[PDB]
**Q** 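Supplied in structure tokens, the structure appears directly below.
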Amino acid sequence: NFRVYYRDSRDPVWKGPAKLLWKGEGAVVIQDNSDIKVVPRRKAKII
Amino acid sequence: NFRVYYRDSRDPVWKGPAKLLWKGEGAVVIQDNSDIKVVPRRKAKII
Amino acid sequence: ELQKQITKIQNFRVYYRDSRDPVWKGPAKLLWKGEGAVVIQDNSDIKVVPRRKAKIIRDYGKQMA
Amino acid sequence: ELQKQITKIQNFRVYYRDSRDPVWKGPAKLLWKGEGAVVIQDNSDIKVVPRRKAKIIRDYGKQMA
Amino acid sequence: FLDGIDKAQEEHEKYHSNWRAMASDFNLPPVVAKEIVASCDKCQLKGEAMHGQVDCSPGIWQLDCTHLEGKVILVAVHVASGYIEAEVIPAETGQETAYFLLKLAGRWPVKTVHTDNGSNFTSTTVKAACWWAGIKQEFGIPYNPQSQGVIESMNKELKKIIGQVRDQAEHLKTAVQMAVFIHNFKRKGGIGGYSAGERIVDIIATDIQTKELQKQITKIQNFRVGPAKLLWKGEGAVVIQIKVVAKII
Amino acid sequence: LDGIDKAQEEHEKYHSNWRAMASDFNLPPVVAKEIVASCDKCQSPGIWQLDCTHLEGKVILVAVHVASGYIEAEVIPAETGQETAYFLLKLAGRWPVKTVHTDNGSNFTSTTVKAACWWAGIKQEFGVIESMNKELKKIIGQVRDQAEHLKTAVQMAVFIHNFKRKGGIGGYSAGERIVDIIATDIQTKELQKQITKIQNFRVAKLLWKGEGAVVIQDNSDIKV
Amino acid sequence: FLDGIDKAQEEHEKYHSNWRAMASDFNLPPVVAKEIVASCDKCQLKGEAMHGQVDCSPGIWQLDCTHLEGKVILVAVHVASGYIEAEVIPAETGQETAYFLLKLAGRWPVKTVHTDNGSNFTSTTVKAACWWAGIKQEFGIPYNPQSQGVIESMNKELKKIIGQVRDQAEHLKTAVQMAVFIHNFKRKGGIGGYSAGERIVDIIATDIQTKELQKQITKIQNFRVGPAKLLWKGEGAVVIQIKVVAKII
Amino acid sequence: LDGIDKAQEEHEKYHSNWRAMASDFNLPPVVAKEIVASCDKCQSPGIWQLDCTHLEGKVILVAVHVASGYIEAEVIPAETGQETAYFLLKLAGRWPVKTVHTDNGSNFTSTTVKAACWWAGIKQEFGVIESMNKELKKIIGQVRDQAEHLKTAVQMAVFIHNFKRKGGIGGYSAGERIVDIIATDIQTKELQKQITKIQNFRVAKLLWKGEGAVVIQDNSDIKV
DNA sequence: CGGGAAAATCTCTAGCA
DNA sequence: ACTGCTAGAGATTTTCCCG
DNA sequence: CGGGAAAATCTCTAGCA
DNA sequence: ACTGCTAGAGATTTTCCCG
Ligand SMILES: O=C(NCc1c(F)cc(F)cc1F)c1cn2c(c(O)c1=O)C(=O)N1[C@H]3CC[C@H](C3)O[C@@H]1C2
Ligand SMILES: O=C(NCc1c(F)cc(F)cc1F)c1cn2c(c(O)c1=O)C(=O)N1[C@H]3CC[C@H](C3)O[C@@H]1C2
Ligand SMILES: [Mg+2]
Ligand SMILES: [Mg+2]
Ligand SMILES: [Mg+2]
Ligand SMILES: [Mg+2]
Ligand SMILES: [Zn+2]
Ligand SMILES: [Zn+2]
Ligand SMILES: [Zn+2]
Ligand SMILES: [Zn+2]
């Protein structure tokens, strides 16, 4: 189980935590509040 | 004797050539068309 | 036969990259080319590089040797 | 006398930088402090660093040794 | 020191001090202070300091609309070679992007196009053109242009070359085609000392030749090395179906 | 090395081209090229053909790579010199065009097309284009129903001709054929560069300088 | 091959091809092709790939106005330590910058202020305040914020900390002062594992102590090592007035 | 090392503080601190004082560092609790403020100042401030002519008091004095951290672990 | 083998907007 | 389940060429 | 000396707008 | 005649601690 704090779209604020659904090299797929998002690993921190 | 081609102020076009009056680390002082300018070495090429 | 063809496919050069190194590694020797992977020999090291990470060329500067 | 004062001024640490290396070098030993230059000893190398390129501190983590 | 942990918790709830400040001030081991910081949602404000790597297969292209002199230039690049195709389009509509993309797919073997989430590329018109020509549509992360780092970079270079030939042409489309010519055939350097045109020809000819060579090789070699398949037998290694491992049959 | 005089004998009896003697005997291409160039018995890829076809009242510029059949068509709004020069500049930027053959039309001899050819470095010289206009018109008539405008139908026909119609000797498409032809052209140009680079050196014509063993042509006898 | 040089000149006048393309196409040595490129004014479009290094003397500060929530925050940083002083000012006028700067110079030993070419800092009011307090005014290259890379960076961090404490305060000035407190005393790490406040205290106390120590040392040591001055005598080196050279007197 | 028992004897006869025995005998500060703490004969920097002065009808918050005399003044528009809390938060962010002494005014006992002190971690406790208000008023009266507003004159007076008026024992200014005092405070805090870090270890109290030689206090006798 | 010179590789940056 | 890159300007390491 | 664990250093990135 | 930097997140090299 992981927590993901991400930066979504032109929005300087960071959101989270979100469940990590998939981790590839370069980007991750997470699930935040029943919405699935795909965020680059530069704009996401995983705990 | 040197030639300097520089980028002046928020202007994407490059100007030159200009006489190199002084070369320090980080910036240079040049003379272009009877006007003395000080340009960082990132925005100047010296021949 | 097939040994000539294996030498032919080894005559090809591959410029690959690792998963977290942003610079293109040198011209390894192509041993095998698959649909998703590519077996290379670089500095006597046999690597399996993903297909999306390799540029395979026959450098036409091979007209020298 | 003056040897104690020279040891005192050598007790200070200097974090300097070279003209084209953007990373701060380690804590060299301050041998001499001038108005425009600073003589340091880093890895048994005596350097003359410009004053604008050095942060001289007495690291108060010296309360350990 | 677990009372120091409580004090550090109650003080991080106020100042949001980093792990080193809490380790120094409350005599906490670095692990405990780092965990106190990692449990605060307000302190997770920095991402991983790395970069991805775009797909550079020989069949993937990257497309992007740039703007110059109040006109729209639709540009495409071959990610594996840097071969560019640019056109000044009358509008940024998807009906023009579909035409440009169908033309490109007719000229070169386009297997995949990677674009941003511009309306031009996201439309049903470009979606039908790709389905007809057999192209796969890949879209980058929304508002993450680094996913298209190749084509965006080429944008720069394209514009650069245009600035060097803008006075040789009377119209912008002529200058754009001049820039495409100069980039593809008058600028050498890269993974082979090639130009972009020589490099795309090498890439595609090599893809075809190696595909046929391997299809002829696997058709002859029948050796099981569990009962895997022999991919390549070497003097000090044996590749199987893919690891670099033997009881070759 | 040990295959030089052998390949000389094969070319004495079989007269294989230098590309065969090179890869079959591990010879550097310069050595095999001098072998084939030392014989008495043995002593295109940039030619395009342009035309204008009229279909559905529209004008279509068609450019054929005579060496491979690779076609390239564009529905232009008018049969004027400006659009012909634009098409030619596009093509020359896309492919290595060296010579264009035209039917002496009013839009091919205009000054604008001449300037475009001069800039791109194309030689303008005034049978294949007719047959491939016929084939392109047939493909357009086949796939006209799947398009609302004629330009997209023309592009679909170009796609089908360049990558879906396979034939010829080995069953390749026009795209594979043109990419192979341009690849051999690049090899020829690189070999000519390598040959010109070492014709200035005198050792006894130099042919190749390997690890420490130079290849020489002395008294027209290759001597390593 | 000097006719190849003429052909390459005449073709670079058209395509502006780089040195490698002209060296490959016309059999030119790299020097000749590079000189053909270097003689074209249109091809000089890239600067040196380096970076300068800001002045980090113990007496230099860097000032900058940032904006947050429609309000102006005048920030100053001690370049040698990272100690920040920020104030929400009612306007970006130079009459307020002079007040902020005179206050700062009264609080700390400010010897030099390095600012951008904002009207606030370029005014006659800030020029009179600096002349009174004895400060030296340094301005960066116009439209080159990297010259102020320290303070600009701090801007970011300041804003960052504000975003972590914006809900603890009812006004923006209170949150700015909270952020200054947190940065100067609740964030450790750097050249000493210090906070910015501990680091500025160390920097300034060290400057004073070393100045007095050296003033007492040179007053005693009188040794000529031409007849230079002995700065430091070592076991394997001797420093003179400054090289690292002996006939010490 | 060889100076431990020697420094014990000096402290037996001279009773020097640990800062002297440390640098004069090359002892780690923990060892000298245990030496001074093992004797029977031997067994402030964060205190500020705030007040409000009235001048030219304006209200000026004056904060004095009691340990060094370093003054810090600010002309505030009103003598209310909000501006006092703002001044206190500014000061606490600028300097390491640990305790504030006030004259029990209406603007120092307000809930806002209490909340500011609670946030910044300041202890509010309710002679030096009077003398330095007098001195600051004298400097303001001296330099009032060079200013158009009273706030800039107050800042000029603060500058002159903190960096131009030198006196005391060694002829230092208030700024040098406060920076030296805060430096010794930082040294004290770091030494207390180092002492607390090694009081958990039992070897026989541990005092210092150098290269391979530990310093021990066994039976209240320091034994390396 | 000893350097000098030249080619090859490494390092780093701006613009893409 | 996806992803910075590219070409140029200096600097520095490697290679080659003659003795 | 042989590892394991932990601390220290190195590498790299975004925002500063 | 002036000049990118800073702090955090992982990765990797160094050091220390017990046998
Ligand atoms: O920031 C851009 N370039 C500069 C840049 C870069 F190239 C690469 C980097 F690593 C960083 C950079 F700063 C850039 C932004 N956008 C679009 C671009 O094509 C584009 O290049 C675009 O088309 N859209 C549409 C899709 C949704 C709407 C319309 O918003 C986006 C915004
Ligand atoms: O681009 C800015 N920051 C972002 C940034 C950075 F911080 C550091 C980088 F290496 C790169 C960056 F992109 C930035 C721009 N300007 C001013 C700033 O303070 C400022 O930070 C400013 O005050 N002026 C005035 C002086 C003349 C007028 C008014 O135009 C300038 C514009
Ligand atoms: Mg776009
Ligand atoms: Mg773009
Ligand atoms: Mg500014
Ligand atoms: Mg700024
Ligand atoms: Zn927190
Ligand atoms: Zn023959
Ligand atoms: Zn040019
Ligand atoms: Zn005592």
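Numbers restart at 1 for each chain; the letters A, B, ... are given by sequence-line order, proteins then strands. Note that ligands are numbered from 1 as they come in the structure, with each ligand's atoms numbered from 1 the same way.
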**Q** Quick one: do you know the drug at ligand 2?
**A** bictegravir
**Q** Going by the PDB entry, what is the chain that binds bictegravir (ligand 2) with the most atom pairs under 4.5 Å called?
**A**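 Main partner, per contacts: Chimeric Sso7d and HIV-1 integrase.
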**Q** Using a heavy-atom cut-off of 4.0 Å (strictly under), which other chains touch bictegravir (ligand 2)?
**A**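 Other chains with a heavy atom that close: G, K, L.
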**Q** Just wondering, how does the entry name DNA chain K?
**A** viral DNA transferred strand
**Q** Note all other ligands and ions lying below 4.0 Å from bictegravir (ligand 2).
**A** ligand 5 (magnesium ion), ligand 6 (magnesium ion)
**Q** For bictegravir (ligand 2), what covalent attachment (residue plus atom) does the entry record, if any?
**A**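 Covalent bond target: none.
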**Q** Which residues of other chains have a non-hydrogen atom closer than 4.0 Å to bictegravir (ligand 2)?
**A**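 Heavy-atom neighbours of bictegravir (ligand 2): G:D64, G:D116, G:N117, G:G118, G:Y143, G:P145, G:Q146, G:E152, K:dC16, K:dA17, L:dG4.
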